[PDB]
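Structure showing trimethoprim engaged by pteridine reductase 1.
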Amino acid sequence: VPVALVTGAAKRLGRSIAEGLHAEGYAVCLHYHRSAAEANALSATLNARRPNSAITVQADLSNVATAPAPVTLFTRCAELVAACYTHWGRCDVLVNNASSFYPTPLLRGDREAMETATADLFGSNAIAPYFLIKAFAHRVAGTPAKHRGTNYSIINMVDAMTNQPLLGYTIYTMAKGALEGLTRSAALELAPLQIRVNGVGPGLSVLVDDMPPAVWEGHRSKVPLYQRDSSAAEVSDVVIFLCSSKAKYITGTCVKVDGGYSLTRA
Amino acid sequence: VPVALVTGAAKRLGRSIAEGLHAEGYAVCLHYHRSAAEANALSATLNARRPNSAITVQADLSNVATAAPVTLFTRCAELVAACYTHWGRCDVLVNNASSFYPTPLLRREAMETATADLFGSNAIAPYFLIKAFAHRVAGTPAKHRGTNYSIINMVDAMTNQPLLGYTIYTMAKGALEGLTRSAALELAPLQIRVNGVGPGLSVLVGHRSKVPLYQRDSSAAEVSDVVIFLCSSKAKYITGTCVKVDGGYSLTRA
Amino acid sequence: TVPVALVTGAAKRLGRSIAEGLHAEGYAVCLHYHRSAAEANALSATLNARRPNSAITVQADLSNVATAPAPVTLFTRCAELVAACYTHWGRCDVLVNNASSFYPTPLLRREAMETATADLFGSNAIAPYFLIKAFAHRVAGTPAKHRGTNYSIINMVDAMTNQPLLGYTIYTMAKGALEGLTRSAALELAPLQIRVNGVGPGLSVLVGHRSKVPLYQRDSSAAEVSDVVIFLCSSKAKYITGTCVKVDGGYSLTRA
Amino acid sequence: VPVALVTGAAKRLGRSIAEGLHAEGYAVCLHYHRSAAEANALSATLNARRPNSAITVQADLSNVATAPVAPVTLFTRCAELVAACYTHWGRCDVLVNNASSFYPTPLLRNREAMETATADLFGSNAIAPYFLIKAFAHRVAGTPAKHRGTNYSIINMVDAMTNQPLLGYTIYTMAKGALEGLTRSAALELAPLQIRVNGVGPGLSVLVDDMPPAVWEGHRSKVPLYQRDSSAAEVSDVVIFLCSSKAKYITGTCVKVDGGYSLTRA
Ligand SMILES: NC(=O)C1=CN([C@@H]2O[C@H](COP(=O)(O)OP(=O)(O)OC[C@H]3O[C@@H](n4cnc5c(N)ncnc54)[C@H](OP(=O)(O)O)[C@@H]3O)[C@@H](O)[C@H]2O)C=CC1
Ligand SMILES: NC(=O)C1=CN([C@@H]2O[C@H](COP(=O)(O)OP(=O)(O)OC[C@H]3O[C@@H](n4cnc5c(N)ncnc54)[C@H](OP(=O)(O)O)[C@@H]3O)[C@@H](O)[C@H]2O)C=CC1
Ligand SMILES: NC(=O)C1=CN([C@@H]2O[C@H](COP(=O)(O)OP(=O)(O)OC[C@H]3O[C@@H](n4cnc5c(N)ncnc54)[C@H](OP(=O)(O)O)[C@@H]3O)[C@@H](O)[C@H]2O)C=CC1
Ligand SMILES: NC(=O)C1=CN([C@@H]2O[C@H](COP(=O)(O)OP(=O)(O)OC[C@H]3O[C@@H](n4cnc5c(N)ncnc54)[C@H](OP(=O)(O)O)[C@@H]3O)[C@@H](O)[C@H]2O)C=CC1
Ligand SMILES: COc1cc(Cc2cnc(N)nc2N)cc(OC)c1OC
Ligand SMILES: COc1cc(Cc2cnc(N)nc2N)cc(OC)c1OC
């Protein structure tokens, strides 16, 4: 029974990914930060379909120390991987999906929305993924060859549109650039242990409708294929395929799931 | 029952792709140039597992006239037509056929045939085939159209790090990548997806020890399986992108 | 010592600004043209007036077709272009593949399909290939002691081809081939110290669309592009090779 | 008389860049961290060539708070660097993010180390550049249009080889990917103020030889053009050109100065 750890698994794409892996027979460690209710509701459904196929772990992946001596981001990340080994004795798949997304304009007490944004955006999107990968790799390396899984796979959720940045989202964009970098570096270094590291880059998926309907139809109509944002499955299915043994030769690459959005120009 | 046209389907990757699509329920038009025996043997196997699930069509995809003189465009249209004539539809196109040999820049008509052969098979033919494919979908009344039109271009994961002496081939692959993006954008309104699959080193005829993952060339399946997935309805949101199937080779340096 | 530059499609717009730019650096210039005979000759006169014997003009169709005398092939025509530089000045230091046909070839909605393909693919890709091969043979054939010290080939590419212009498939394909040529030629010709780079304009000297460019909200001047070509040719850029420089004012960073 | 701020200007490429800009008529603020002697020696030479054409500011660009005389954050330290240009000369026209730590952070084959490394590598190569750009931009924005310079230019020192990562240098590679991201995001957002943001990516320049001669030669004989590492001028001259008014249409692009190294494969 293979195990998958999905960060930010409570809802939207993270939920669809977790559900997708679960349908392939995976036991799933659903990580969450604030969405406790939703995470627990998802665990219940999965555990109902298949007894002992889901657990829930809470963690702030922001680059800050947590409350008692203080706990570092690294420790918190190691604990996430450990929870998989403690409960099921293994961890075969890692999906770095958790991600903060809000503006940090280069143009205009207060240093709160200053230092906290950097650590939140950079930690969730890049530093935490880094530590999680190290921890994941360490556990594989420590396992005697005779007891290793046969299909280790790490998926990093990136962004198909960062080459054409969203105005005002500099740190987020910077953070995603770092994640792409991690994908290539990790793929190369972990190749001898047969651990594949790839990336999935959504364009517009399950677009949040907290705006005037027309403005919302304005965004989705810019996508050349279907003139709409994608469903969560349209993205999660790709993540699932990259984790399958049929994709065992793919590593170090980023797959755009954007319906041709990146091919547009103003 | 959906139809797939695979150029250069007789052996190696082309064969594995055809076999892969066939296992998903597709009727397959196996294209070939010189490999007549191999192509016919493959059709027999597929037709034996499922009656009327395979045919074979011969064509030179080089940018020249043949058999008054028949142009490359006509030959390409005939390939697509053969699918409509036999089965009444064509849902998938896989531009896999490709010549691959050196054209050194440093030491007559031997290059004249090389240019048209390498550029035709790898880029010009694919262009005409897509055009023919798109014309046929457009001409079909909306109510009768298939629900999963997909075109796959076989590109190269290593062309950003060129193989010494293979300029025309490398140029041709660059054109094919360009075709993938342009076609994806123009055919989007008809729900025709256009993507690319880029192998690194697959089923070699030394250097394979330098592939970071497994330290070997890939099997044909390790590549064909990706082409199959991109054709599945699960991948319906993917278009205009190239997927590397190279085991991390493109991440290396000298 | 006066170095020589061959600039294809040098009669007007960017090609002319490139030729003028190289000429102001002391280069003797071979202005190639196809149909623009009058402009090419007027440009030669100006350059030859400023500096005697610093310009010549040569005519050639760079389309992938055979012309009548055994028909003259595109390769031969390209070799002749490079030869004209050696015949007149005894050297060829810089090659700028600038000539380019640009019109739609829609996928949706006969003689023109065959002539469009060879015209767009030849001018934008096959001619540049043959020209580079011819340029390289001549350098290779020249005894080491006699070789120039700054061999540079510039390919005019396109900053926006990753975000294709709707309906321009063959042109877009041709530019992709040219980028491929830039990398392949840079690698193979490195032992001979011949550098091969690319310059990719976005919107330059156009004949509401330009208001979409992030920088200045306008199309560029010819100089704003040619000056980059000139710098990449300078000895100060002797370590750059196999790279494409976008000169687009951030246009490629936009999205619909 | 235009002003240029060059971080990590004390030696090698940073020096060559400062010297390059100085020869074009620029007044130069030379930043340094631990190379005080070399920085002061460089200031002396430049000031001897042209009185009052050079100053020096010390700063740790690592993502950590320092000890004042309430700690001082990285952001404040960055604002102070830009401020020093305005205080001394009343202007700042060019910013060159050159300062950079570069050492291994392995994923495998293995505390205080895995803490300070992250902030040092990520701060110097990405977080500091972000804050510096932000500070530079408010400064231009706060200047009345009539008093603005006519050629604002920011150059970020990136890496031509990060798409083919150096084994074991994950954080560094991740940091460079963030920097590329910053170059595109800033270019787009600062375009209305006519501030250009570009990248220059060296391959092998002035290679360190703390290794056997053969190993050093090996690395050098892999560069296709000349079979050698570049001189500092071969790189700095490109930075200087991108800053010239002749390059006023270039923005958001990265220029490789690698002699074809990125075109190679194993
Ligand atoms: N959807 C889209 O249009 C696009 C998505 N992507 C990428 O795809 C992935 C998934 O997309 P989507 O579903 O929209 O993502 P969401 O924006 O919904 O965020 C996913 C989860 O990340 C968690 N999270 C946020 N910050 C932190 C943090 N500080 N520490 C720990 N967890 C945190 C949250 O969990 P919780 O609720 O428990 O707090 C949140 O539900 C993301 O990585 C995103 O970057 C990229 C481009 C476009
Ligand atoms: N295998 C690899 O390591 C790599 C492969 N690729 C790409 O993957 C694809 C498949 O790879 P692979 O199986 O090795 O390909 P092959 O080299 O075996 O060629 C495929 C087929 O193309 C057909 N073909 C060649 N020239 C022509 C022509 N002038 N007109 C019509 N058909 C022609 C041949 O068919 P016939 O026998 O009937 O004449 C041949 O069997 C190719 O497109 C290739 O470019 C890219 C990088 C690496
Ligand atoms: N300007 C722009 O906005 C952009 C330009 N570019 C590229 O920059 C380069 C220069 O741009 P621009 O000045 O606008 O180019 P032009 O469109 O003005 O064309 C340049 C010249 O190419 C020559 N030419 C065209 N077809 C042929 C052919 N069949 N055989 C021989 N010569 C031919 C013509 O010469 P003649 O008059 O003598 O017949 C023409 O004057 C081109 O390569 C273009 O692709 C790329 C993106 C944008
Ligand atoms: N040289 C090469 O082969 C390559 C260089 N590059 C990039 O080019 C740029 C310049 O190259 P190079 O001259 O080799 O750079 P160096 O390795 O010599 O470093 C440049 C300077 O950065 C400063 N620095 C390092 N860490 C910090 C920090 N924590 N806070 C403040 N300053 C710091 C140091 O200044 P001080 O001495 O005062 O402490 C150092 O002298 C760099 O950004 C590098 O990443 C990229 C690829 C290859
Ligand atoms: C194209 O414009 C927008 C696109 C998106 C999509 C998006 C992009 N990235 C991430 N991480 N999440 C998203 N929802 C989100 C937006 O903001 C809600 C946009 O408007 C500024
Ligand atoms: C290819 O291997 C190496 C390459 C480099 C180049 C290099 C790469 N990045 C930076 N910032 N500086 C450099 N000198 C530097 C090295 O030294 C640590 C290498 O290891 C021997």
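Chain labels are A, B, C, ... in exactly the order the sequence lines appear. Residues displayed in chain A correspond, in order, to the PDB entry positions 6-73, 81-120, 131-288. Going by the PDB entry, the residues shown for chain B are 6-72, 81-120, 133-230, 240-288, listed in order. What you see of chain C is 5-73, 81-120, 133-230, 240-288, where the numbers are those given in the PDB entry. Note that chain D is numbered according to the PDB entry, with residues 6-74, 81-121, 133-288 shown in order. In listed order, ligands and their atoms are each counted from 1. Header entry for method reads X-ray crystallography, 2.6 Å.
To find every copy of trimethoprim, look at ligands 5 and 6. Other chains contributing a heavy atom less than 4.0 Å from an atom of trimethoprim (ligand 5): A, C. Looking at A/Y194 next to trimethoprim (ligand 5), an N or O pair under 3.5 Å apart turns up. For A/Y283, the closest heavy-atom approach to trimethoprim (ligand 5) falls below 4.0 Å.
Not a single heavy atom of A/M233 lies less than 4.0 angstrom from trimethoprim (ligand 5).
At a 4.0 Å heavy-atom cut-off, trimethoprim (ligand 5) does not touch A/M183 at all. Within 4.0 Å of trimethoprim (ligand 5), counting heavy atoms, one finds no UniProt substrate-binding residue of chain A. Every atom of trimethoprim (ligand 5) with a heavy atom of C/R287 under 4.0 Å away is listed here by number and element: 1 (C). Only the side chain of A/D181 comes within 4.0 Å of trimethoprim (ligand 5), counting heavy atoms alone; its backbone N, CA, C and O stay farther away. Scanning the protein heavy atoms around atom 14 (N) of trimethoprim (ligand 5), the nearest turns out to be A/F113 CE2, 4.1 Å. For atom 17 (O) of trimethoprim (ligand 5), the closest non-hydrogen atom of the protein is A/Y191 OH, 4.0 Å.
Looking at A/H241, A/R17, A/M179, it is A/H241 that brings a heavy atom closest to atom 20 (O) of trimethoprim (ligand 5).
Nearest to trimethoprim (ligand 5) among UniProt active-site residues of chain A (least heavy-atom distance, to 1 Å) is A/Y194, 3 Å.
Closest protein heavy atom to atom 6 (C) of trimethoprim (ligand 5): A/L226 CD2, 3.3 Å. Here the heavy atom of the protein found nearest to atom 16 (C) of trimethoprim (ligand 5) is A/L188 CD2, 4.2 Å.
Applying a heavy-atom cut-off of 4.0 Å to trimethoprim (ligand 5) picks out A/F113, A/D181, A/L188, A/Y194, A/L226, A/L229, A/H241, A/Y283, C/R287.
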